[PDB]
Amino acid sequence: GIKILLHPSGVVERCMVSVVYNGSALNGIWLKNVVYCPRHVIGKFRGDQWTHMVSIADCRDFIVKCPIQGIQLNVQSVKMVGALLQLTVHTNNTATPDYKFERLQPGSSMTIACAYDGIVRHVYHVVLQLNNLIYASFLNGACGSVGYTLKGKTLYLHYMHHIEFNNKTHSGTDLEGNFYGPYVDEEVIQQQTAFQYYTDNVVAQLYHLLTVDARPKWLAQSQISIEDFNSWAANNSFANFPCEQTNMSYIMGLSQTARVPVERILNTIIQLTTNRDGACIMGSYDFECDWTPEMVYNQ
Amino acid sequence: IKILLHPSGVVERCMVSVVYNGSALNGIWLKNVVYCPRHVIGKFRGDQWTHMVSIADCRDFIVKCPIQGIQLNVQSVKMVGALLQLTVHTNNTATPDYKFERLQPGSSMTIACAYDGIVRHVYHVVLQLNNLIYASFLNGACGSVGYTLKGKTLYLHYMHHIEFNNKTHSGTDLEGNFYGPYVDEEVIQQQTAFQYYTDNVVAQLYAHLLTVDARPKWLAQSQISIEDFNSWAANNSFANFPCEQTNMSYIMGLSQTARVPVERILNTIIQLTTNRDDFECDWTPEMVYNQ
Ligand SMILES: *C(=N)[C@H](C[C@@H]1CCNC1=O)NC(=O)[C@@H]1[C@@H]2[C@H](CN1C(=O)[C@@H](NC(=O)C(F)(F)F)C(C)(C)C)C2(C)C
Ligand SMILES: *C(=N)[C@H](C[C@@H]1CCNC1=O)NC(=O)[C@@H]1[C@@H]2[C@H](CN1C(=O)[C@@H](NC(=O)C(F)(F)F)C(C)(C)C)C2(C)C
């Protein structure tokens, strides 16, 4: 079958820690001898107050515990890197994997290890949207939770949570400390660019054809050219196709398996915007960007 | 509101590879017992299993725990249901508090799809009323487990055995008993006709109302009573509502948040019949409401 595949969370569970500072509690990840955590654990500061407040923060006020390894950590140094804190600790984490800090592009997926008090409670799957937000699920204390992928034995850290907006959207930084999109870790009202479907992923969602119904009734009989679709997409909140040229090899492979050219899929998308009438496609009632062409093709 | 899965670390530390005379699959290592599917010893049927198990030399079960870098030695072999219980000399220090809990249809679990004793993927399934799960497995994936977590207690529900022609999958609980009338034999087996788990269909529609679009246009404008729905359900492949009385509290709470009564949802289910002329029961009302 074709499923949403999550990367196993064990390697991340053993590096998670809890970070508590003067009544404020969240999560951090412990790699080598450094704990990375959101900087707002020491207060709800604004603009350019961060550098001074971090320079004033007492290292002994950072209470860091790694619950699975059952040991307490002692912060020797604090250094702000971007919107993250780098608390250098005395002990090296023997569970540290081979890792790399890798920034995600919009339309790519990752597994979220959503933790509380340094303990992973739930894992789930998200895709970075074109507004540079993720549609995740977080409560108080969930900040510091990470989004990641795995390739062999290497852990690819992509994301660390900071903030939730009014419409239950979520924003954070990569592990080098830079936010996705223009959002910041402040309680101010921040503008959001209008939503736009990642067209490659919606196409991968319809390619349902391979697991649910090879010939559904809502699948268009006629084709539309990529170019004619892209003129329509500009006025209907769909990104220009293809969003990534590398997805074309996956999409071409899916088209041969399903025996349905992508031009029919694209024209199905156009018709569905006025014809869907509650149709359920790959188990969802709307267009979803969670299915990437790579995951659907490779599994 | 997301599909929530349970973290796989505790399961990862317990997985092992079981290889027997060229047949390779997975097992789980709890205390001093490795649990694996029995067909690793060969393709037998009916009541052949008992005798064939008792002549299998324990030295032929090559058992490795790749996470801990350990190779285990089987001391004795016991068949419990359709599972082998391989007693090993070493106790697994990573063993958690665990329970063998049987799943009822309509409940969810997390699958730790493994190969060579190493978890490769983690994905979500709901046991359907035909007692099958719609999963994804390749050769050597047998012995993969389905689980949930309540704190740090590992609840084991499923161990994988067989894949049917329509990419349904069947297996046993950890006591060794299959879900439904399916067995570990390479023959055509009749299937329970599909039936929609109505509690989950209701839960998914509420999840859509509470995230994407409250009041879409295909929403039913008028109510239908629970009783009148159940008379329709009996002739239209939908289970009697509610499927679990304990789901009513979740469903009524979701109806209040979305401000749409469940009677309207049930009537929407009916009017959507033409669209159906699958994967509609993957959201349980507990997962939707709690998060
Ligand atoms: C860190 N653990 C939390 C995670 C939040 C809590 C609710 N759901 C989540 O994902 N992050 C925060 O508490 C950050 C933190 C102060 C306020 N904040 C928010 O996420 C707030 N949002 C906003 O102010 C908004 F809307 F502008 F984005 C909150 C109202 C609590 C959701 C700071 C420093 C931004
Ligand atoms: C155990 N590792 C595999 C898991 C399979 C491999 C492909 N996808 C899976 O889920 N299970 C088996 O190899 C079992 C095993 C012999 C045959 N078998 C099957 O799953 C086969 N299916 C059937 O026999 C069917 F469809 F008729 F039910 C197979 C054709 C290989 C998929 C035994 C002893 C049943």
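Chain lettering follows the listing: the opening sequence line is A, and each later line takes the next letter. Heads up, chain A uses the PDB entry numbers, so what you see runs 2-208, 210-301. Throughout, chain B uses the PDB entry numbering, with the displayed residues spanning 3-279, 288-301 in order. One-based numbering, in listed order, for ligands and for the atoms of each. All values below come from the heavy atoms of this structure, side chains included, with hydrogens, waters and symmetry mates left out.
The name recorded for the drug at ligand 1 is nirmatrelvir (bound form). Against nirmatrelvir (bound form, ligand 1), the chain with more heavy-atom contacts than any other is given by the PDB entry as 3C-like protease. Other chains contributing a heavy atom less than 4.0 Å from an atom of nirmatrelvir (bound form, ligand 1): A. Not one N or O of A:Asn141 is nearer than 3.5 Å to an N or O of nirmatrelvir (bound form, ligand 1), by distance alone. Set against the non-hydrogen atoms of A:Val189, the atoms of nirmatrelvir (bound form, ligand 1) under 4.0 Å away are 27 (F).
In A:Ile164, the parts holding a heavy atom less than 4.0 Å from any atom of nirmatrelvir (bound form, ligand 1) are both the side chain and the backbone. Contact annotation: for A:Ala143 versus nirmatrelvir (bound form, ligand 1), heavy atoms closer than 4.0 Å belong to the backbone alone. Per the deposited entry, the covalent link of nirmatrelvir (bound form, ligand 1) reaches A:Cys144 SG.
Residue A:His41 touches nirmatrelvir (bound form, ligand 1) through its side chain alone, judged by heavy-atom distances below 4.0 Å. Residue contact check for nirmatrelvir (bound form, ligand 1): A:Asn28 places no non-hydrogen atom closer than 4.0 Å to it. Not one N or O of A:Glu188 is nearer than 3.5 Å to an N or O of nirmatrelvir (bound form, ligand 1), by distance alone. Contacts of A:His163 with nirmatrelvir (bound form, ligand 1), taken as heavy-atom pairs under 4.0 Å, involve the backbone alone. Contacts between A:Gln191 and nirmatrelvir (bound form, ligand 1) below 4.0 angstrom, taking non-hydrogen atoms only, are absent altogether. Shown in contact with A:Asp186 at under 4.0 Å from a heavy atom are these atoms of nirmatrelvir (bound form, ligand 1), numbered in order with element: 34 (C), 35 (C). Which of A:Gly142, A:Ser172, A:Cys144 comes nearest to atom 1 (C) of nirmatrelvir (bound form, ligand 1) through a heavy atom is settled by distance: it is A:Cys144. Distances below 4.0 Å separate heavy atoms of A:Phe139 from the following atoms of nirmatrelvir (bound form, ligand 1): 8 (N), 9 (C), 10 (O). Considering only non-hydrogen atoms, atom 32 (C) of nirmatrelvir (bound form, ligand 1) lies nearest to A:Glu165 out of A:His162, A:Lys45, A:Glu165. Under a 4.0 Å criterion applied to the non-hydrogen atoms of A:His171, nirmatrelvir (bound form, ligand 1) contributes the atoms 10 (O).
At 4.0 Å, heavy atom to atom, the residues around nirmatrelvir (bound form, ligand 1) are A:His41, A:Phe139, A:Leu140, A:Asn141, A:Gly142, A:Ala143, A:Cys144, A:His162, A:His163, A:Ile164, A:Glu165, A:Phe166, A:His171, A:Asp186, A:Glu187, A:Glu188, A:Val189.
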